[PDB]
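Featured here: a structure holding topiramate.
This chain uses plain numbering: 1 for the first residue, then up along the sequence. Start at 1 and go down the list; that is how both ligands and their atoms are numbered. Atom set for the values below is all heavy atoms of this structure, side chains included, hydrogens, waters and symmetry mates excluded.
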Amino acid sequence: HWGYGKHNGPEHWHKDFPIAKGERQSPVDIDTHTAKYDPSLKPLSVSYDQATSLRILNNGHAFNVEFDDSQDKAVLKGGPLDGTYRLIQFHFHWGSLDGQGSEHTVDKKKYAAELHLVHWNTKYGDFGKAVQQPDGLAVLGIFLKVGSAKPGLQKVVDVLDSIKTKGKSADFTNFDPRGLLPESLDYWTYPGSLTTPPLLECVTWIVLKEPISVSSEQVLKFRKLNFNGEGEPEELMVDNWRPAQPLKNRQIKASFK
Ligand SMILES: CC1(C)O[C@@H]2[C@@H](CO[C@@]3(COS(N)(=O)=O)OC(C)(C)O[C@@H]23)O1
Ligand SMILES: [Zn+2]
């Protein structure tokens with residue numbers, strides 16, 4: 001099945017998932033001098049006070065921190081969004097080295113990693129229905145650079161030893177995702193897709209301008225994770241990012257000048 005290696009990676013995905021070459025694929029390079037400032041965009045509203053985290057899972061591609069999405073406990077609204085989008089999970093993509101790892105790029109710059117907070121449009125009732133709709137998901141993307149430690153990330157880093165291999169999960173309750181955000185909510189936005197198979201074209205991308213800083217020790221612990229399952233030969237979980245895809249017939253809007 002699919003992965004990020006030479007024989008099953010992004011270059012191969014189109015065979016099982018021909019949408020890989022479709023009209024609104026993600027990620028993309030954000031050319032900052034082509035994006036259009038849109039003064040009509042309302043501020044982003046990130047409401048995570050009642051967020052209820054549940055469990056963390058190594059899924060053999062990255063790791064998911066899952067949330068209780070049975071009520072409007074943690075929602076994203078405003079910006080380019082119509083209505084209410086409920087937080088369901090977050091995960092990251094990262095590199096083998098600090099100079100690569102992000103999925104989106106900014107003027108061709110690759111960050112060390114990228115955080116994705118995934119939300120679904122409540123008008124569609126559940127996540128599985130939402131992914132079948134052109135406005136089904138909103139994914140909030142945040143770049144990571146290596147510098148000072150991110151205190152709000154440490155609880156995540158601390159638990160990775162217990163989910164080293166594919167299929168392993170651990171209890172991950174009472175985690176506050178607000179600790180993962182930068183100060184500024186300035187953003188770029190464009191219509192795109194899931195960046196992994198089945199690559200469904202259901203995502204409003206909201207990518208924050210301001211990266212968060214994480215320490216070298218924090219990112220190093222991400223890179224000790226394994227793609228393989230327990231007892232199998234070790235394949236380090238690194239470079240689990242899809243490269244930039246053609247922008248095609250799309251416009252990236254900016255919340256800021
Ligand atoms: C851990 C990783 C890489 O991300 C998880 C899961 C399956 O892929 C995802 C990708 O979400 S994304 N990158 O489009 O926000 O698609 C969903 C189903 C949203 O879950 C995401 O594997
Ligand atoms: Zn992702």
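- The ligands or chains that make up topiramate in this structure: ligand 1.
- In this entry, more contacts with topiramate come from one chain than from any other, and UniProt calls that chain Carbonic anhydrase 2.
- Other-chain residues and nucleotides with a heavy atom under 4.0 Å from topiramate are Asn59, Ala62, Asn64, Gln89, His91, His93, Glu103, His116, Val118, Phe127, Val139, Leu194, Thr195, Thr196, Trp205.
- With a cut-off of 4.0 Å on heavy-atom distance, the UniProt-listed Zn(2+)-binding residues of chain A close to topiramate are: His91, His93, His116.
- At the top of the distance list for atom 22 (O) of topiramate, counting protein heavy atoms only, stands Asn59 ND2, 3.0 Å.
- In terms of polar-atom proximity, defined here as any N/O pair under 3.5 Å, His61 makes no such contact with topiramate.
- Both criteria (UniProt substrate-binding in chain A; heavy atom under 4.0 Å from topiramate) are met by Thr195, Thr196.
- The model ties topiramate to no chain through a covalent bond.
- Taking any N or O of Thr196, backbone or side chain, at least one lies under 3.5 Å from an N or O belonging to topiramate.
- No N or O atom of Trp205 sits closer than 3.5 Å to an N or O atom of topiramate.
- Measured against 4.0 Å, the other ligands and ions close to topiramate are ligand 2 (zinc ion).
- Rounded to 1 Å on heavy atoms, the UniProt active-site residue in chain A nearest topiramate is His61, 4 Å.
- In terms of polar-atom proximity, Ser193 is not counted as a contact of topiramate, lacking any N or O under 3.5 Å from an N or O of the ligand.
- Most residues of chain A that touch topiramate lie in the UniProt domain Alpha-carbonic anhydrase.
- For atom 15 (O) of topiramate, the closest non-hydrogen atom of the protein is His91 CE1, 3.3 Å.
- With hydrogens left out, the protein atom closest to atom 18 (C) of topiramate is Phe127 CZ, 3.8 Å, a heavy atom.
- Those atoms of topiramate with a heavy atom of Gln89 less than 4.0 angstrom away are 5 (C), 20 (O), 21 (C).
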